[PDB]
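Lab note: HY2-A12 Fab Heavy Chain, oxycodone bound.
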Amino acid sequence: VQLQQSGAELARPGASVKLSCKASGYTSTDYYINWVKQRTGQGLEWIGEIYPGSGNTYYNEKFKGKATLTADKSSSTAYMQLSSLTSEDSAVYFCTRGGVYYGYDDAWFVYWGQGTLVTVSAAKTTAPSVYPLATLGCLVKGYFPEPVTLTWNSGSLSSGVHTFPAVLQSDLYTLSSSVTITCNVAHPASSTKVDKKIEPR
Amino acid sequence: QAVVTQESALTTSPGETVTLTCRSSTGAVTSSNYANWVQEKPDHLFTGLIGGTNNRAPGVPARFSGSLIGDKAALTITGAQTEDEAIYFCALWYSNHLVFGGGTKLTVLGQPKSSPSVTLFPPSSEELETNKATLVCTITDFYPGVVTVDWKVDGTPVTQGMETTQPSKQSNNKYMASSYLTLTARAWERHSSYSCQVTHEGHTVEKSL
Ligand SMILES: COc1ccc2c3c1O[C@H]1C(=O)CC[C@@]4(O)[C@@H](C2)N(C)CC[C@]314
């Protein structure tokens, strides 16, 4: 069995996007597709279930009106329409399937798609402001979208350096790095590459 | 709906036996909840471990076993291996819908415990010239990779303007995280002291300006 999901998606708040999950292998049986949501700062969240052969569905109350599950037997494909998008809809969405000729009391989450990443934002491309920190550091504040790249003294300073993941502050991304003296920040989306050195106070 | 509760994190050593639990907010976990377990390894590698409380899925090692223990469902790993370091999600069926637990991060120990090394940076001059002030709390070299962060202003607990990253692995297989407290320039000048406190393995490491 294989589950092929639709490509990554970027949307503005209030918009709507449609995800798809095509099943392959042993689709002559009627099988369930379970949709799952995982935000970067959260675990798994069950959205709902759909049988593509019989059309039946089970839903999570929280997602009724937010997600709509549909399917078509012959193409062995399930769809999930996401309406009225918000920042809390930014997540990776997985489709899953049970085992072939498995029991109802066997594990339901046997086969997994590769996931569809949905990002909801109103933010325009923004270059990062870069600030010195004084071990010393480098604060990369207020860019969009990801990624940025950071090195120390053109990459000649690597040992003793900690570069932390990005976080979302005020709808833009903020990042930081530290060292046990200059940092080199690159934000390709803004076609930017800034350098800043730590003069002591 | 109902709420399903798991341990946030658990620790085991190679060869030990560890039990993960999965509780229901509605009452005892019944066989009619048909408890499932899912293992998440890095890079979104998911494996369905358990169905129907205790039916281990084809291909899953025998050291994994599900069961009911008291009023809750449980997953027992008898003879834990290194590859069993993962996040374990349980899920319960309530007649017409499914609910995931919050997940349990299972660390299989491979190095001694290490307390967080903490550094706290003030806002730069150049940031204050935008009338903004960001306080950067860097947290490094802690193991296991599970921490709580709390900030203070002049001793009082802060409740707004905090962003913290998920703990991420270092090259030495220890962990690192960062926390940011975002203020206005005036608000930072109002107060005498600011502090970042990291909680790890039942102990707090704190730094103050
Ligand atoms: C005791 O049987 C069952 C208990 C729980 C569930 C199911 C059961 O049988 C199936 C059924 O009737 C419709 C609902 C559902 O599709 C669903 C949840 N998925 C995930 C698995 C298969 C099935």
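Numbered from 1 within each chain, the chains take letters A, B, ... in sequence-line order. Excluded from the calculations below are hydrogen atoms, water molecules and symmetry mates; all remaining heavy atoms, backbone and side chain alike, are included. This deposition comes from X-ray crystallography, 2.3 Å. As the structure lists them, so they are numbered: ligands from 1, and atoms in each ligand from 1.
The heavy-atom neighbours of oxycodone (ligand 1) at a 4.0 Å cut-off, by chain: A, B. The deposit refers to chain B as HY2-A12 Fab Light Chain. In terms of polar-atom proximity, A:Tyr51 is counted as a contact of oxycodone (ligand 1), with an N or O under 3.5 Å from an N or O of the ligand. For A:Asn34, every heavy-atom contact with oxycodone (ligand 1) shorter than 4.0 Å involves the side chain, none the backbone.
Of the protein's non-hydrogen atoms, the one nearest atom 17 (C) of oxycodone (ligand 1) is A:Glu49 OE1, 3.2 Å. Note that atom 7 (C) of oxycodone (ligand 1) has no protein non-hydrogen atoms nearby, at separations under 4.0 angstrom. Of the protein's non-hydrogen atoms, the one nearest atom 4 (C) of oxycodone (ligand 1) is B:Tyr34 CD1, 3.8 Å. In this structure, the protein non-hydrogen atom closest to atom 12 (O) of oxycodone (ligand 1) is A:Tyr58 OH, 4.4 Å. Atom 9 (O) of oxycodone (ligand 1) has its nearest heavy-atom neighbour, among A:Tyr31, A:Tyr32, A:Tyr104, in A:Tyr104. The residues lying within 4.0 Å of oxycodone (ligand 1), counted on heavy atoms, are A:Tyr32, A:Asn34, A:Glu49, A:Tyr51, A:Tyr58, A:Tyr104, A:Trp108, B:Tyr34, B:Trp93.
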In a simple table, one pair per line, please give the protein and oxycodone (ligand 1) atom names for every N or O pair closer than 3.5 Å, along with the distance.
unit_1	atom_1	unit_2	atom_2	d
oxycodone (ligand 1)	16 (O)	A:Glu49	OE1	2.5
oxycodone (ligand 1)	16 (O)	A:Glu49	OE2	3.0
oxycodone (ligand 1)	16 (O)	A:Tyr51	OH	2.7
oxycodone (ligand 1)	19 (N)	A:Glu49	OE2	2.8

